[PDB]
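Co-structure: Bestatin and Leukotriene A-4 hydrolase.
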Amino acid sequence: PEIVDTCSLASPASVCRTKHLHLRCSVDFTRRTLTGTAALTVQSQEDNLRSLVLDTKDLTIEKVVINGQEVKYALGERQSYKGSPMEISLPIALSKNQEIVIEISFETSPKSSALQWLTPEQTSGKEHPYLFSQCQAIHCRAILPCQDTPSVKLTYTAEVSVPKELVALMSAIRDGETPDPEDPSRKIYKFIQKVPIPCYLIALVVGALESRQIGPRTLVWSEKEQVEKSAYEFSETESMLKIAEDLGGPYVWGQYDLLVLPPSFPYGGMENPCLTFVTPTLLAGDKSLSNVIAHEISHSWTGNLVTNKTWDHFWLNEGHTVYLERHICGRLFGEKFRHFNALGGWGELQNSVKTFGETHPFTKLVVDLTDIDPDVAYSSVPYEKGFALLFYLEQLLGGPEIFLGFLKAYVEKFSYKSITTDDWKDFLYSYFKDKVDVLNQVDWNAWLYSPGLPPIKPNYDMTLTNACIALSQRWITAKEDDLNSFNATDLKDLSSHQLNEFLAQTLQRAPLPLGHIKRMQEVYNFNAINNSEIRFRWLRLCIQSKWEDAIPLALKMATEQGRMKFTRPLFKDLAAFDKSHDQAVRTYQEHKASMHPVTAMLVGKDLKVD
Ligand SMILES: CC(C)C[C@H](NC(=O)[C@@H](O)[C@H](N)Cc1ccccc1)C(=O)O
Ligand SMILES: [Yb+3]
Ligand SMILES: [Yb+3]
Ligand SMILES: [Yb+3]
Ligand SMILES: [Zn+2]
């Protein structure tokens, strides 16, 4: 019954398992390097274990020590995106359950895909550099040697030396801070992570950080210039944490801190344990983008406690999380709001399916990533097809109350483990033993393995959506004779959430006649809106509708921030617009060196450059 992580080159969990990592390292901003030792505590699962394989990518290995003595090792040839396999020779055969500790002397490449090294110019303050990591899905290997698979969980401790003037944070509990004693001008920062986690949750940030405390278990961290606003933006965190506890059981990580990164952070959010990372694009000034917060909080259970065993089952992480996320929001804002968000997610799903094509393998809930780079397959599918499956099951089995009971039990049952779609479904049938008959009505094959839209669409309350549809349809079907009647009053009772959904709906039918788009700016002044979601969609609509004036706006948003969600499609749209094509390409080329590494690689691909 063997399950393979086709994304890792390391020895599998059925051979050995890393149980702990002791990391001592220093951050060299001049050399743009991370240097140090990775002491891994490994546990054999086989008798006579004489050698193991670790994952690495662009890693420079100084030495490998075991029991005070250096050991034999090798680096196989690079396997493109998977990096290069590092084989280690054990001086003693190991037997089941026996453990050795391997200390690894390493240096990272300044071109590490897990990292982004920023010049002070690139920072808010302009006087200091900044460094941030991003390991999910498989970039940990780009920072240190490891079994770079979610099927393995370990605890870890780390001490990191950084320039006295800068602050270091990790996805762990801050254990203490002390001056180094080593002919340096560095500080030594300490962290402890008592809960076993998959290595993709390992995270580091170094910079001129300041923090504000916004809850008993929460401080907001960011450069000085973002602190205050962040503090305001995320005010609701603690209340979210409380809901989540009620939904999934106790929060076991201890602290729930937030880190507002610099603009090039590639994601909206990242559930790094004890230190969720978020895009500064969330700072809308009205807390309207807090769902991202609810989301990352939710991972503290679905993802971080119960983890997908391989990236092929990624939907377990994301679909359950979106489900929880939506419940948090429904709890804080209303069931009608939950439904609204759910229906909009279905919309994102329609877009993803249209984009890849309805027969595309990446549209399946359970995928096969053999030979595929996760960064490349990444989409809304696991999020939305996953969420739709859960919503549908909730409706079929009795309701939210009933389904949340299954959810809390599932979390309990699989806490600290890495599992697959089958474990989830086998549990579902077990929990719902009284309803097997209902369960059997679901078309599992289609839902789990068929491409395209789900076999069935759940039911949704239309309360908040109706105004959106009325409005988008009016614009989509408008004639010359309707233009004059549109008016700002049209937006009178629409929340920012509804404006966004209106635009999303409109966008699905782009292009609109240029004259219409112009009228739209004239009556609603969307150019003036700073909310990122709204501007993103508005600008796409504009570009796709061929409005040349929008070119500079689109270029600006695309490069001034680097959240992939916005950056990629803006660049793509601009490249598809004959009028801005050359300039889109040129801008990228000019910006590439200063961009985040994965974003950079994806945009180039998107643009077909290189
Ligand atoms: C759906 C939203 C609430 C937020 C969303 N973020 C997430 O889903 C995070 O929890 C994900 N963990 C982001 C991620 C996925 C795959 C590889 C690297 C990073 C994002 O768009 O950044
Ligand atoms: Yb060297
Ligand atoms: Yb070096
Ligand atoms: Yb008419
Ligand atoms: Zn997520």
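Along the sequence shown, residues are numbered consecutively beginning with 1. Below, each value reflects all heavy atoms present in this structure, side chains not excepted, and no hydrogens, waters or symmetry copies. Atoms within each ligand, like the ligands themselves, are counted from 1 in listed order.
- For Bestatin, the full set of ligands or chains is ligand 1.
- Residue-to-ligand polar distances place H295 within reach of Bestatin (ligand 1): an N/O pair is separated by less than 3.5 Å.
- Between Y267 and Bestatin (ligand 1), not a single N/O pair is under 3.5 Å apart.
- By the 3.5 Å distance cut-off applied to N or O atoms, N291 is not counted among the residues near Bestatin (ligand 1).
- The shortest N or O to N or O distance between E271 and Bestatin (ligand 1) is below 3.5 Å.
- Close contacts between Bestatin (ligand 1) and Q134 involve ligand atoms 18 (C), 19 (C) [criterion: under 4.0 Å to a heavy atom].
- Closer than 4.0 Å to Bestatin (ligand 1) lie these other ligands and ions: ligand 5 (zinc ion).
- Backbone and side-chain nitrogen or oxygen atoms of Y383 are examined, and one is located within less than 3.5 angstrom of a nitrogen or oxygen of Bestatin (ligand 1).
- Of all the atoms in Bestatin (ligand 1), the ones that sit under 4.0 Å from a non-hydrogen atom of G268 are 20 (C), 22 (O).
- Regarding atom 11 (C) of Bestatin (ligand 1), its nearest protein heavy-atom neighbour is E318 OE2, 3.4 Å.
- Contact annotation for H299 and Bestatin (ligand 1): only side-chain heavy atoms (C-beta onward) come within less than 4.0 Å of the ligand.
- Residues flagged by UniProt as binding peptide in chain A that sit under 4.0 Å from Bestatin (ligand 1) (heavy atoms): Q134, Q136, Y267, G268, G269, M270, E271.
- Taking UniProt's list of Zn(2+)-binding residues in chain A, a heavy atom lies under 4.0 Å from Bestatin (ligand 1) for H295, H299, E318.
- At a heavy-atom cut-off of 4.0 Å, the residues contacting Bestatin (ligand 1) are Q134, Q136, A137, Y267, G268, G269, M270, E271, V292, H295, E296, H299, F314, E318, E325, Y378, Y383.
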Below 3.5 Å only, please: the N or O atoms of Bestatin (ligand 1) paired with protein N or O atoms, distance on each line.
residue	atom	partner	partner atom	Å
Bestatin (ligand 1)	6 (N)	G269	O	3.3
Bestatin (ligand 1)	6 (N)	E296	OE2	3.1
Bestatin (ligand 1)	8 (O)	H295	NE2	3.1
Bestatin (ligand 1)	8 (O)	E318	OE1	3.1
Bestatin (ligand 1)	8 (O)	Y383	OH	2.6
Bestatin (ligand 1)	10 (O)	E271	OE1	2.8
Bestatin (ligand 1)	10 (O)	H295	NE2	3.2
Bestatin (ligand 1)	10 (O)	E296	OE1	2.4
Bestatin (ligand 1)	10 (O)	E296	OE2	3.2
Bestatin (ligand 1)	10 (O)	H299	NE2	2.9
Bestatin (ligand 1)	12 (N)	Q136	OE1	2.8
Bestatin (ligand 1)	12 (N)	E271	OE1	2.5
Bestatin (ligand 1)	12 (N)	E271	OE2	3.3
Bestatin (ligand 1)	12 (N)	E318	OE2	3.4
Bestatin (ligand 1)	22 (O)	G268	N	2.6
Bestatin (ligand 1)	22 (O)	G269	N	3.3

